[PDB]
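Among the contents of this structure: GDC-0834.
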Amino acid sequence: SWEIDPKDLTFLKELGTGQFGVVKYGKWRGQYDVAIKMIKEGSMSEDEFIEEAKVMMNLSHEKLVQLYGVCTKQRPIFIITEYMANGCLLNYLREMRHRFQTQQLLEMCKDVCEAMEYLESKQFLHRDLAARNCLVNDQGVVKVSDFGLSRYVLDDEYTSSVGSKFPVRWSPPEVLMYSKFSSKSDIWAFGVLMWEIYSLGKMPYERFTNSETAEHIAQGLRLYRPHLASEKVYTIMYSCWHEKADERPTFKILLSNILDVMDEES
Ligand SMILES: Cc1c(NC(=O)c2cc3c(s2)CCCC3)cccc1-c1cn(C)c(=O)c(Nc2ccc([C@@H]3C(=O)N(C)CCN3C)cc2)n1
């Protein structure tokens, strides 16, 4: 059930490169748009991923990027997914021509929060939630991408907490200090993602290094209010950054808060 025949794929366009190498746009059976991860040799724990892919095929939500299947008979292996025409959310936010209204920004947060609440309901962590790992479709709907795949990355610079590619600026103190990953580390990251959205893709803690960020957030320093965020919106993102993990909200609570602010500020 999980296995796509790669001969059914027509490759049409380069979409760029990620942690596992090249990603392409194409058609499945000459008709249906797909994206194809071509998994670079040595980049992935492949056997483990493949066993997990069986489970990930059951995860389905309108705001999650849909896994269609995998090609695992030949190397490089392929991950086939839903295609998102407007690319990654970070680059989308950075294009100032969009001149987003604040209601549109809050809708982007809601899109992500819905996906994350779904994943929360299935006891499934993202582990690398950030604007760079969200995608945007042709209707401007934001969807969460590459949830769970951090587990199969073989690159020590990505995996190590002091590595060059580790998401230090999206991580809570307990992740950076003790590697305590939980629903609440995703909550922290989501707060940072809200900040990214309202900051139109600025780097979190843009004047600090990763090392300086780690020490500052351990001392209780936080990100502060983006110009485009109302006090009510800022309260929601800030609530994700409680020092004590158990005092952070759930995604269900965040979703209710976002919906309330939509009713109050629209
Ligand atoms: C998800 C993705 C990545 N990222 C990854 O593969 C990984 C991230 C992580 C991994 S692997 C493991 C650990 C966790 C983090 C890289 C390149 C393209 C796409 C990608 C995928 N899909 C499913 C798309 O629909 C898509 N769309 C897209 C991309 C670019 C453009 C377009 C373009 O063609 N170029 C060349 C530049 C930007 N632009 C907007 C348009 C659509 N991109």
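The numbering of chain A matches the PDB entry: 394-659, in order. In listed order, ligands and their atoms are each counted from 1. Recorded method is X-ray crystallography, 1.7 Å. Side-chain atoms are counted along with the backbone in the values below, which use heavy atoms only and exclude waters and symmetry mates.
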Inset, instruction - Give the name from UniProt for the chain that makes the most contacts with GDC-0834 (ligand 1). - result: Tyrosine-protein kinase BTK
Legend entry - Heteroatom distance test (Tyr551, GDC-0834 (ligand 1)): nitrogen or oxygen, under 3.5 angstrom: no
Legend entry - Dominant UniProt domain of chain A around GDC-0834 (ligand 1): Protein kinase
Legend entry - Protein non-hydrogen atom found under 4.0 Å from atom 14 (C) of GDC-0834 (ligand 1): yes
Legend entry - Sub-4.0 Å protein heavy atom next to atom 1 (C) of GDC-0834 (ligand 1): yes
Legend entry - Ligand-residue contact atoms, GDC-0834 (ligand 1) with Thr474, heavy atoms, under 4.0 Å: 23 (C)
